[PDB]
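Spike glycoprotein bound by AZD8895.
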Amino acid sequence: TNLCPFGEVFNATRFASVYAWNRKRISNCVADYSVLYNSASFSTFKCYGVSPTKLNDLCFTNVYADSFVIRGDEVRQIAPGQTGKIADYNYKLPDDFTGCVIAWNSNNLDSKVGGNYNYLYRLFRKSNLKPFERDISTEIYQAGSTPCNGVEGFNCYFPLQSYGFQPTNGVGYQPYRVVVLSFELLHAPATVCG
Amino acid sequence: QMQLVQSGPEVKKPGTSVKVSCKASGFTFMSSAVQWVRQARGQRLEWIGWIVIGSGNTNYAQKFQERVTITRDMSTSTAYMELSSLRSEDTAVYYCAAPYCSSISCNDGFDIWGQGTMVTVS
Amino acid sequence: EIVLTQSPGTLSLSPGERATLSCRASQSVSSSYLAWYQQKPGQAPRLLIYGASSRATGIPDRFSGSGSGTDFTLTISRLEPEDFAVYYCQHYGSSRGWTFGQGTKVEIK
Ligand SMILES: *[C@@H]1O[C@H](CO)[C@@H](O)[C@H](O)[C@H]1NC(C)=O
């Protein structure tokens, strides 16, 4: 009856760039979502799945925690049916998605005096992502009829772009640590309960 | 019909700055980089620098290094350029230019140019 | 930086006459990005050829680019009265480029 290691995600000392979310599997443990819900530390706690007050009593075969950092305004893009630079080129939720999205204001930790440029996001892609698709390639993006020779310069862009995160940024431009909890029921006995 | 619309003529004193705008219409601004060039009367075109839209990459020609700044406002689909420490030598017509296509940025050339902005320093 | 040189600086041709403009790189310029432009006084430059080998959309068949390596040219099969203009070329390169050549002027003879 070991407690699920949520501290390995929410209390983590390092977070992934939005172009490459760091997924961790949660299994064979006792979940507690009420501690997150009632911490009142989160700027947002919203669900598209079962309401969080009932979610704790519902068992699942697999739970995934995907951790990453985005601008506070970008948080609105993380929902089923949404479009935008993050929703289409970095990560996408399915229309049938069950789960919750939790956001926390990290400006006190992720900001740096010279600015924090260690977080990247994908700016270019040939087509929209499939739900839960992840792409870590760094190949140069072609933006024209002329074949790209793989050398960055003109209509040959590095697909990733750094964030301009700074301590003086307005709230919409401040970094937020965001965790998305995905839930599924496979044809197996449940291993995660609360 | 694709258009680029630039701010009208402006006169500045030497040692002061000037700001020039260029607004896109009929085209997704995010689909392409915008570049700037100037032409003094009777002279050949001289490249200043460029900005990749949505990337913030603003590398400049060495001749204008730390003498020009290029920015963009995504909400107005408008490119901006500023010059500092102006000299009477800088009197010229300044132009913005871009590629034009729809969803795929297919054209590698510069299909659309603005009407140009006259800047006089004296 | 890539420096381009063009010749003749001034040309004099009759209407209906075939015309050629030439450009040469100061150094072994990479690939082919020598796009060509046309300009009239009081007006912005307009794209004719991109890739030094392909016509821009809406460009008449008489215009065509050519050449390779350091040596690039622009040709017009026959000059129209409308075609008398100042011409330029630009090298997009791998960035840190986009230098323009000195350009050429074509006058009516
Ligand atoms: C993170 O650690 C603190 C103690 O340092 C604890 O109070 C808090 O509940 C932890 N957060 C989570 C999500 O476990």
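By convention in this document, chain letters (A, B, ...) are assigned in the order of the sequence lines, proteins followed by strands, and residues within each chain are numbered from 1. So this one's electron microscopy, 4.1 Å, going by the header. Heavy atoms only: backbone and side chains are in, while hydrogens, waters and symmetry mates are out.
- In this structure, every copy of AZD8895 sits at chains B and C.
- Mapped onto UniProt domains, most residues of chain A near AZD8895 sit in BetaCoV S1-CTD.
- Within AZD8895, the chain with the highest tally of heavy-atom pairs under 4.5 Å with chain A is chain B.
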